[PDB]
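Here's the structure, in structure tokens; my notes come after.
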Number of protein chains: 4
Amino acid sequence: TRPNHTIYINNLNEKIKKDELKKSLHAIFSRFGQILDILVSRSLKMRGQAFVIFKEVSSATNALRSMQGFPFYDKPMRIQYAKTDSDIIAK
Amino acid sequence: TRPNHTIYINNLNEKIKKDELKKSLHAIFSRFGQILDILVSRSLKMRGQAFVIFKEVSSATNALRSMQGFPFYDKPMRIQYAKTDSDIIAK
Amino acid sequence: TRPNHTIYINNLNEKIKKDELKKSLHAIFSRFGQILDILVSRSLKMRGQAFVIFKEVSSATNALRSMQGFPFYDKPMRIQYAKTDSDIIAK
Amino acid sequence: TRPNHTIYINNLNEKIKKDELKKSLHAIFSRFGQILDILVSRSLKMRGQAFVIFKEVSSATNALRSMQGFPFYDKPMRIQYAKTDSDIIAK
RNA sequence: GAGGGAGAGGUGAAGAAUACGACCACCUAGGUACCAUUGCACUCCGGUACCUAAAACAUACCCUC
RNA sequence: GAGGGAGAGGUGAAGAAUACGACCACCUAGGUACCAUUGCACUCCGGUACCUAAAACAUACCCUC
RNA sequence: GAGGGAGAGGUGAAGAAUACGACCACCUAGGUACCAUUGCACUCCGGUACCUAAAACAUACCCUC
RNA sequence: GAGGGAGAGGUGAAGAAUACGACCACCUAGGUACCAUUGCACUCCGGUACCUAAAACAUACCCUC
Ligand SMILES: CN(C)[C@@H]1C(O)=C(C(N)=O)C(=O)[C@@]2(O)C(O)=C3C(=O)c4c(O)ccc(Cl)c4[C@@](C)(O)[C@H]3C[C@@H]12
Ligand SMILES: CN(C)[C@@H]1C(O)=C(C(N)=O)C(=O)[C@@]2(O)C(O)=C3C(=O)c4c(O)ccc(Cl)c4[C@@](C)(O)[C@H]3C[C@@H]12
Ligand SMILES: CN(C)[C@@H]1C(O)=C(C(N)=O)C(=O)[C@@]2(O)C(O)=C3C(=O)c4c(O)ccc(Cl)c4[C@@](C)(O)[C@H]3C[C@@H]12
Ligand SMILES: CN(C)[C@@H]1C(O)=C(C(N)=O)C(=O)[C@@]2(O)C(O)=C3C(=O)c4c(O)ccc(Cl)c4[C@@](C)(O)[C@H]3C[C@@H]12
Ligand SMILES: [Mg+2]
Ligand SMILES: [Mg+2]
Ligand SMILES: [Mg+2]
Ligand SMILES: [Mg+2]
Ligand SMILES: [Mg+2]
Ligand SMILES: [Mg+2]
Ligand SMILES: [Mg+2]
Ligand SMILES: [Mg+2]
Ligand SMILES: [Mg+2]
Ligand SMILES: [Mg+2]
Ligand SMILES: [Mg+2]
Ligand SMILES: [Mg+2]
Ligand SMILES: [Mg+2]
Ligand SMILES: [Mg+2]
Ligand SMILES: [Mg+2]
Ligand SMILES: [Mg+2]
Ligand SMILES: [Mg+2]
Ligand SMILES: [Mg+2]
Ligand SMILES: [Mg+2]
Ligand SMILES: [Mg+2]
Ligand SMILES: [Mg+2]
Ligand SMILES: [Mg+2]
Ligand SMILES: [Mg+2]
Ligand SMILES: [Mg+2]
Ligand SMILES: [Mg+2]
Ligand SMILES: [Mg+2]
Ligand SMILES: [Mg+2]
Ligand SMILES: [Mg+2]
Ligand SMILES: [Mg+2]
Ligand SMILES: [Mg+2]
Ligand SMILES: [Mg+2]
Ligand SMILES: [Mg+2]
Ligand SMILES: [Mg+2]
Ligand SMILES: [Mg+2]
Ligand SMILES: [Mg+2]
Ligand SMILES: [Mg+2]
Ligand SMILES: [Mg+2]
Ligand SMILES: [Mg+2]
Ligand SMILES: [Mg+2]
Ligand SMILES: [Mg+2]
Ligand SMILES: [Mg+2]
Ligand SMILES: [Mg+2]
Ligand SMILES: [Mg+2]
Ligand SMILES: [Mg+2]
Ligand SMILES: [Mg+2]
């Protein structure tokens with residue numbers, strides 16, 4: 001994919017409760033720049049995944065490159081740019 | 001919060017015994033500067049949490065920024081400045 | 001061993017499914033340069049092990065040195081140069 | 001303690017078999033310099049502990065400082081200088 | 001008589017031909033399994049169930065003669 | 001007659017008033033729990049036990065009338 | 001009469017000498033164990049089993065007198 | 001007679017018409033589950049329970065004829 005304000009994370013530990021996952025993702029990622037939102041759902045299709053929306057695409061890029069494969073509750077994070085803009089970025 | 005000599009850590013693994021937790025927190029954090037004390041309680045309200053008191057606010061700041069989200073017994077540490085001075089700092 | 005386009009990893013967590021292992025190994029290693037392939041088998045003789053084939057021996061060398069002992073699904077990765085060229089490198 | 005060619009590690013995961021522990025400790029530590037030996041015993045008194053003997057005290061010092069608190073099979077390593085020279089260093 | 005065995009987390013009560021372990025009452029520290037808890041403190045203190053807390057001798061107690 | 005229900009991992013055999021799922025035989029991929037394995041490859045392939053592999057109709061099969 | 005005890009996730013129905021908890025019907029949030037899921041979203045929503053959702057009084061209900 | 005089957009961690013004892021596996025005694029390495037242990041070493045060595053330690057033939061042993 002191509003750089004995007006939003007990174008898509010998967011291979012996340014699915015036992016982690018939604019709000020803990022968000023707070024923890026925030027703690028991994030805030031070092032890279034300002035975060036607008038972190039979206040998590042534990043539904044069947046969306047579990048093990050998160051979207052982290054940065055204010056700036058440069059934050060997204062550094063995040064993705066630095067945290068690629070990083071240990072997070074016992075599994076390595078796999079990180080991609082989101083395939084499309086998040087609503088709050090497009091709008 | 002605002003910088004403080006003391007950092008507040010949570011999202012800690014609650015199976016870890018108090019003295020092990022302290023010794024381990026000391027090993028994460030001593031690289032950042034001198035530590036006056038580490039307070040841990042496994043009570044219901046205080047489990048999963050620690051206070052690490054640095055001699056210098058600059059140590060606290062580097063600690064917090066470097067170790068934010070860091071893997072510690074299988075969970076990411078979440079770090080904040082303490083909301084108030086610890087007794088040994090105020091007094 | 002002597003430098004090789006291919007690194008041999010072992011001490012891998014054997015519960016991890018083959019395609020997850022590959023995707024995760026790719027996420028640990030792609031930072032070091034271009035990867036031609038990652039070979040994994042869960043057979044008795046080959047479980048807990050992977051071969052990661054880099055385009056360039058310099059990528060292999062940096063990978064091996066940086067990721068040596070690195071946490072990966074709860075175990076430290078142990079990394080060596082492959083003892084021989086992978087087919088796609090020799091051919 | 002005072003710098004020593006040998007570092008003493010504890011808080012090690014005690015489920016890990018002796019030879020795996022050695023190979024893994026070797027993989028954490030060889031980046032710091034040449035290692036003469038790694039001693040591990042799983043006896044009651046000596047389990048959860050290792051001695052890593054470096055050729056040079058400077059290797060020991062960098063190791064200790066860099067790897068202090070580092071994640072190793074799910075627990076943070078706690079590192080000290082050995083209190084005395086190992087036999088192979090004294091002799 | 002012999003010879004073996006087992007009992008002390010702490011305080012008490014009982015008993016005292018007994019410094020001494022069971023029974024009974026009360027109180028503590030530490031842990032384990034499960035459940036609940038994401039929580040900002042600077043005497044301690046969630047729940048349910050289980051476990052552990054130096055030890056020889058002697059009395060009493062158990063086995064063999 | 002009505003009305004309900006359940007059966008297809010793949011190939012075969014049986015049966016065919018039947019494209020069609022059970023029984024029987026054979027073969028595959030993927031997984032789970034436990035045990036074993038630290039192992040250098042570039043067709044696949046450790047063990048023990050369990051599970052899963054699109055699905056409507058029709059025949060046959062099960063229930064009510 | 002006395003004295004004890006237990007019941008409210010939410011809506012309803014029943015009942016109302018009763019604001020009030022069981023039974024019955026319906027609906028929600030959160031979790032746990034196991035199984036399945038590697039998945040690109042920007043109302044929610046996999047399965048199987050289990051659990052939890054402030055609480056005093058009163059009626060009714062249970063025990064002792 | 002035929003044909004099938006199963007037994008060797010190591011040392012010993014028994015037995016020897018037998019190099020040879022069961023029974024019995026003793027000793028080792030490695031592991032697993034649970035419990036305990038945070039511990040500074042440079043012969044080994046916590047507990048409780050379970051498991052594993054190359055293997056063909058022959059004797060003996062088990063099944064069919
Ligand atoms: C109170 N009396 C009946 C007993 C008694 O008189 C004794 C005696 N020596 O005569 C006791 O020692 C006893 O009072 C006494 O203290 C006993 C005692 O200490 C004890 C302990 O500690 C552990 C196990 C046991 Cl079986 C006993 C036990 C049963 O011996 C009791 C016994 C009584
Ligand atoms: C061989 N014969 C006794 C049966 C038969 O003649 C049939 C028939 N239609 O007459 C079949 O279909 C059958 O040959 C036939 O194929 C059967 C069949 O397919 C089936 C399946 O697939 C699943 C469940 C069931 Cl209970 C059956 C079952 C029992 O109907 C069998 C029946 C036989
Ligand atoms: C409908 N009738 C038989 C009962 C009745 O007439 C009552 C009464 N006060 O007379 C009720 O309160 C009742 O209608 C009524 O509502 C009952 C009730 O609320 C209740 C609750 O909440 C919890 C436990 C229990 Cl045991 C009861 C229970 C049994 O008392 C019922 C009783 C009935
Ligand atoms: C001592 N005597 C009764 C037996 C004997 O005389 C033998 C014989 N060949 O006559 C043995 O081989 C025996 O002494 C002997 O050594 C036996 C033996 O080795 C053995 C093993 O290794 C495994 C399984 C089994 Cl069932 C046996 C077993 C039962 O055959 C014994 C048998 C005895
Ligand atoms: Mg790291
Ligand atoms: Mg006792
Ligand atoms: Mg004792
Ligand atoms: Mg006592
Ligand atoms: Mg005393
Ligand atoms: Mg007294
Ligand atoms: Mg007594
Ligand atoms: Mg008295
Ligand atoms: Mg306690
Ligand atoms: Mg929990
Ligand atoms: Mg408790
Ligand atoms: Mg005694
Ligand atoms: Mg089926
Ligand atoms: Mg199907
Ligand atoms: Mg079939
Ligand atoms: Mg077909
Ligand atoms: Mg056919
Ligand atoms: Mg048929
Ligand atoms: Mg036919
Ligand atoms: Mg398969
Ligand atoms: Mg294993
Ligand atoms: Mg298998
Ligand atoms: Mg159907
Ligand atoms: Mg209730
Ligand atoms: Mg309630
Ligand atoms: Mg209700
Ligand atoms: Mg209301
Ligand atoms: Mg109503
Ligand atoms: Mg009522
Ligand atoms: Mg009415
Ligand atoms: Mg819910
Ligand atoms: Mg899974
Ligand atoms: Mg569910
Ligand atoms: Mg009440
Ligand atoms: Mg055997
Ligand atoms: Mg054998
Ligand atoms: Mg033997
Ligand atoms: Mg021999
Ligand atoms: Mg002999
Ligand atoms: Mg014999
Ligand atoms: Mg003889
Ligand atoms: Mg052993
Ligand atoms: Mg433990
Ligand atoms: Mg043992
Ligand atoms: Mg044989």
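Residue numbers start from 1 in every chain, and the chains themselves are labelled A, B, ... in the order their sequence lines are given, proteins ahead of strands. Computed from heavy atoms alone, side chains included, the values below leave out hydrogens, waters and symmetry copies. Atoms within a ligand are numbered from 1 in the order they appear, just like the ligands themselves.
Per PDB records, the drug at ligand 4 is named chlortetracycline. The chain forming the most contacts with chlortetracycline (ligand 4) in this entry appears in the PDB entry as Tetracycline aptamer and artificial riboswitch.
Other chains reaching under 4.0 Å from chlortetracycline (ligand 4) with at least one heavy atom: H.
Heavy atoms under 4.0 Å from chlortetracycline (ligand 4) belong to H/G7, H/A14, H/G15, H/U18, H/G21, H/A22, H/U59, H/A60, H/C61.
Lab note: ligands/ions < 4.0 Å from chlortetracycline (ligand 4) = ligand 44 (magnesium ion).
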